[PDB]
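In chain A, numbers come from the PDB entry; the residues present are 7-254, in order. Side chains included, hydrogens not; waters and symmetry mates left out as well; all remaining heavy atoms used. Header entry for method reads X-ray crystallography, 3.0 Å. One-based numbering, in listed order, for ligands and for the atoms of each.
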Amino acid sequence: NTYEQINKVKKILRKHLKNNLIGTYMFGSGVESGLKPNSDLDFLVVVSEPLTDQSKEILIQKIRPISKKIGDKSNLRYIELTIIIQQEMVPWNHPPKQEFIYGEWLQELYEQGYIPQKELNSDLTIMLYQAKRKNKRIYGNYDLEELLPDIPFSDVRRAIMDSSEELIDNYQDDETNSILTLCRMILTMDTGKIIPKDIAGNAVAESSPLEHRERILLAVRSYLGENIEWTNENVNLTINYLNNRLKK
Ligand SMILES: Nc1ncnc2c1ncn2[C@@H]1O[C@H](COP(=O)(O)OP(=O)(O)OP(=O)(O)O)[C@@H](O)[C@H]1O
Ligand SMILES: CN[C@@H]1[C@H](O)[C@H](NC)[C@H]2O[C@@]3(O)C(=O)C[C@@H](C)O[C@H]3O[C@@H]2[C@H]1O
Ligand SMILES: [Mg+2]
Ligand SMILES: [Mg+2]
Ligand code: NA
């Protein structure tokens, strides 16, 4: 069950962070759009004091058994956890301070003893900007709108352009999400609001040349139920186009 994992994630954070936990909120496809066949569960966690090396590994070990893994024919969904410190957000600075991350793309590192340390993250500005706009409080005495300062849209542009370089250099084995996120970056730069992946893809597609329109529309269907295979499509030509269109 999908509501079963969220209830399990709530218990792990509550009974291990204890009174250090201020609140737990979801953003992403859960609160805004609808969960598409291969969507994920995006959580934003706000705590009071920094976590220790031993406390971070506990989460990695406790979250692992209930999160889908890349390559599974499973009923579970990918669990994404991001932990921020409420005091480290004010005064607002870009990029903000990120305390912890749980990403299934980082799984082959979690197994080798990798423990994410306090690091800066421009992409977290985009995450926080859309989380503060709409989310689901699953635990906490407060709303996330009460725990964060108002994030200016100028820093969101900076986050888009800074986080763009990591995405374009890493589309391999993530072609469907890299194409759509670039489409979401192009719009957010020009329209302001955050758009679901399918709509943002369909919008930038019909605003693009035919050779790129078709590959974007091809990713819109993969984000939905379709089983697209990018083996002989050359996504590089399209992400370079979406890059230069975003770069301009
Ligand atoms: N313009 C943008 N709009 C939205 N997210 C953006 C944008 N630019 C970069 N991102 C990043 O893309 C990611 C979106 O999260 P995610 O992959 O979970 O998407 P989603 O909306 O939940 O859709 P789904 O989970 O179904 O694929 C975040 O890490 C966010 O910071
Ligand atoms: C913090 N944003 C992450 C980040 O962009 C990940 N890539 C580094 C991205 O990876 C995905 O696209 C994947 O394919 C793996 C999945 C767990 O998360 C998906 O969404 C993941 C995003 O939610
Ligand atoms: Mg999601
Ligand atoms: Mg995702
Ligand atoms: Na994948």
Asker: What is the drug at ligand 2: pamiparib, spectinomycin, topiramate?
Answerer: spectinomycin
Asker: Could you tell me which macromolecule makes the most contacts with spectinomycin (ligand 2) here? Its name in UniProt would be great.
Answerer: Spectinomycin 9-adenylyltransferase
Asker: Where, taxonomically, does chain A originate according to the PDB?
Answerer: Enterococcus faecalis
Asker: What is the residue-level binding site of spectinomycin (ligand 2) with heavy atoms closer than 4.0 Å?
Answerer: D46, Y84, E86, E110, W111, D129, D180, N183
